[PDB]
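A look at one PDB structure holding ceftazidime (bound form).
Chain letters run alphabetically, one per sequence line, in listed order. Residue numbering for chain A follows the PDB entry; the residues present correspond to positions 18-265, in that order. Chain B residue numbers are taken from the PDB entry; in order, the displayed residues are 18-265. Determined by X-ray crystallography, 2.2 Å, according to the entry header. Note that ligands are numbered from 1 as they come in the structure, with each ligand's atoms numbered from 1 the same way.
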Number of protein chains: 2
Amino acid sequence: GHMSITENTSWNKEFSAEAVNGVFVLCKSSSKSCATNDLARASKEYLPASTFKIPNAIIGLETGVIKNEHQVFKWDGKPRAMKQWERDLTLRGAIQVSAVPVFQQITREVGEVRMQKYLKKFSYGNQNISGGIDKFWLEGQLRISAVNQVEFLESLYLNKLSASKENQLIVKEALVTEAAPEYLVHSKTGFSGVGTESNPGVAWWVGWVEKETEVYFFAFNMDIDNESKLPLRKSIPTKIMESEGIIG
Amino acid sequence: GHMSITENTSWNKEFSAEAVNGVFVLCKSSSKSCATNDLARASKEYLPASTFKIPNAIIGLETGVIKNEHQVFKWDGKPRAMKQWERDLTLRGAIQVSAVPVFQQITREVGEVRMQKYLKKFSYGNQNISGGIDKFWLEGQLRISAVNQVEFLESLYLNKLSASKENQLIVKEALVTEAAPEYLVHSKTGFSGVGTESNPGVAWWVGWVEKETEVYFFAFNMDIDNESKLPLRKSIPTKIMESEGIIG
Ligand SMILES: *C(=O)[C@H](NC(=O)/C(=N/OC(C)(C)C(=O)O)c1csc(N)n1)[C@@H]1NC(C(=O)O)=C(C[n+]2ccccc2)CS1
Ligand SMILES: *C(=O)[C@H](NC(=O)/C(=N\OC(C)(C)C(=O)O)c1csc(N)n1)[C@@H]1NC(C(=O)O)=C(C[n+]2ccccc2)CS1
């Protein structure tokens, strides 16, 4: 890439106030104007968890495993790890409620060869898909940094991923999470569970904010060993952006 | 063709409770299952006012007058009728604040001949562009019915207009007005003025609502001779959609 990134450790106070280890990366306009609380962690690769839905959906559409933007994913009737997943879902619905089994099925149908090819085209992390075709991003070896998430998202925002513009637009449509006349947020959450206290889990929030004629890309991750701390994955980024002029 | 529509006069309740003459057309899934409070008014053509920004944006992109979805429409610093228009705007921003001068400039560049052609391809209303390029949707002869709006919007939803899929997708993202995990609204307003008591203006609200795996298309218009009545263009459709269990 061509990222210019500045460490601003004053951003650490939002983390230390909550007794949390993580990083926030925030870029205005492009990856040529970025800042983070922690340069080292910004470039450190973690398990993507549900953030992998963004590339998975694009790859689904590119390969034709997902037939089109209007496809419904029907619940077969058999139980699932969350109740919110026990229903028929659109592409957007599945992404928004973060329905893992829908996406495990897409990936099985895609196959390792095509998966491997596309993660190379997207420069997605360490591009290591071993661990099982249906769980490399969930408990396998695939890892990605906050910096790389931002680069990836920027490419998607600009329709520069190696995929049709149509497919990128379909997925961007699925990622909208807040809409107002001159304020638009596209975003995706992730959470791997609580791991242990020796080896904590990871929580993510990644996306971008449009406000007037500006765009801001962001990626946040944190170590999480306690499910009660999970709200911080939005409140910390929100507070940093408030203090910068974005959400405030 | 192919619309099936039912008159349900119980929907007149919300209209007469506010002393308003108007029509609501609501369709579930497709134009094969529609209902309205007034069949004759459903098919009557009125000037589209700011709802014309939907086709106008598609045509802008199709002819290359709008370069892409990231184009910024710069303000020249000279007065505009609305304070909210006195700033640089994205395409989505210009649509959402209904920035008439941005779209007048788009229309001027498109020209009469190209405008005519796309209104024909879209079956948009009486397809009448007479009066001069500086007035037809405004001080002009173009008129469209609520039924024809619902047909137009269904085509757009299905990416079936005669326009690239990517241009239709661009315009759809510009139209999003509420986003939640399993509830998505795309909508546009219009208001032509107060006219006279004898010749009222028109106000519109058109769009569609995605809920779970269903879609509902809607178009509302009403006669308006008093600006204080304007909010009814949202509250009356809202009430009817609530009573049908949609607004959830
Ligand atoms: C589009 O429907 C409206 N455009 C018009 O240009 C007309 N406006 O008439 C009013 C605003 C009443 C006036 O005093 O000029 C018009 C005249 S002849 C014709 N065909 N159209 C825009 N609509 C609109 C609204 O729907 O409420 C406006 C106010 N908003 C601005 C920003 C956000 C929401 C609403 C401004 S013009
Ligand atoms: C995708 O990142 C999320 N993760 C999972 O499905 C995984 N674990 O989910 C648990 C531990 C919460 C569970 O028991 O269901 C998982 C394990 S290892 C791995 N890579 N993923 C979905 N995301 C998500 C979120 O990102 O916030 C959810 C929110 N949530 C969690 C718990 C309680 C209420 C809401 C749902 S799971």
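Most heavy-atom contacts to ceftazidime (bound form, ligand 1) in this structure come from the chain listed in the PDB entry as Beta-lactamase OXA-10.
Using a 4.0 Å cut-off on heavy atoms, the other chains next to ceftazidime (bound form, ligand 1) are B.
For ceftazidime (bound form, ligand 1), the nearest UniProt active-site residue in chain B, with the shortest heavy-atom distance to 1 Å, is B:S67, 1 Å. Taking each of A:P198, B:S67, B:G207, B:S115 in turn, the one with a heavy atom nearest to atom 22 (C) of ceftazidime (bound form, ligand 1) proves to be B:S67. Here the protein heavy atom with the shortest distance to atom 18 (S) of ceftazidime (bound form, ligand 1) is B:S209 O, 3.5 Å. Covalent bonding of ceftazidime (bound form, ligand 1) in this entry: to B:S67 OG.
Contact annotation for B:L64 and ceftazidime (bound form, ligand 1): only side-chain heavy atoms (C-beta onward) come within less than 4.0 Å of the ligand. Heavy atoms of B:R250 approach ceftazidime (bound form, ligand 1) to within less than 4.0 angstrom. Protein heavy atom closest to atom 29 (C) of ceftazidime (bound form, ligand 1), with residue, atom name and distance, is B:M99 CE, 4.6 Å.
The protein heavy-atom contact nearest to atom 11 (C) of ceftazidime (bound form, ligand 1) is B:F208 CD2, 4.4 Å. Contacts of B:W102 with ceftazidime (bound form, ligand 1), taken as heavy-atom pairs under 4.0 Å, involve the side chain alone. Residue B:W154 places a heavy atom under 4.0 Å from ceftazidime (bound form, ligand 1). Contact annotation for B:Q101 and ceftazidime (bound form, ligand 1): only side-chain heavy atoms (C-beta onward) come within less than 4.0 Å of the ligand. Of the residues that UniProt lists as binding beta-lactam in chain B, those with a heavy atom under 4.0 Å from ceftazidime (bound form, ligand 1) are the following: B:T206, B:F208, B:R250. Checked by distance only, ceftazidime (bound form, ligand 1) and B:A66 stay at 3.5 Å or farther apart across all their nitrogen or oxygen atoms. Heavy-atom contacts of ceftazidime (bound form, ligand 1) within 4.0 Å involve B:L64, B:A66, B:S67, B:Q101, B:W102, B:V114, B:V117, B:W154, B:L155, B:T206, B:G207, B:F208, B:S209, B:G210, B:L247, B:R250.
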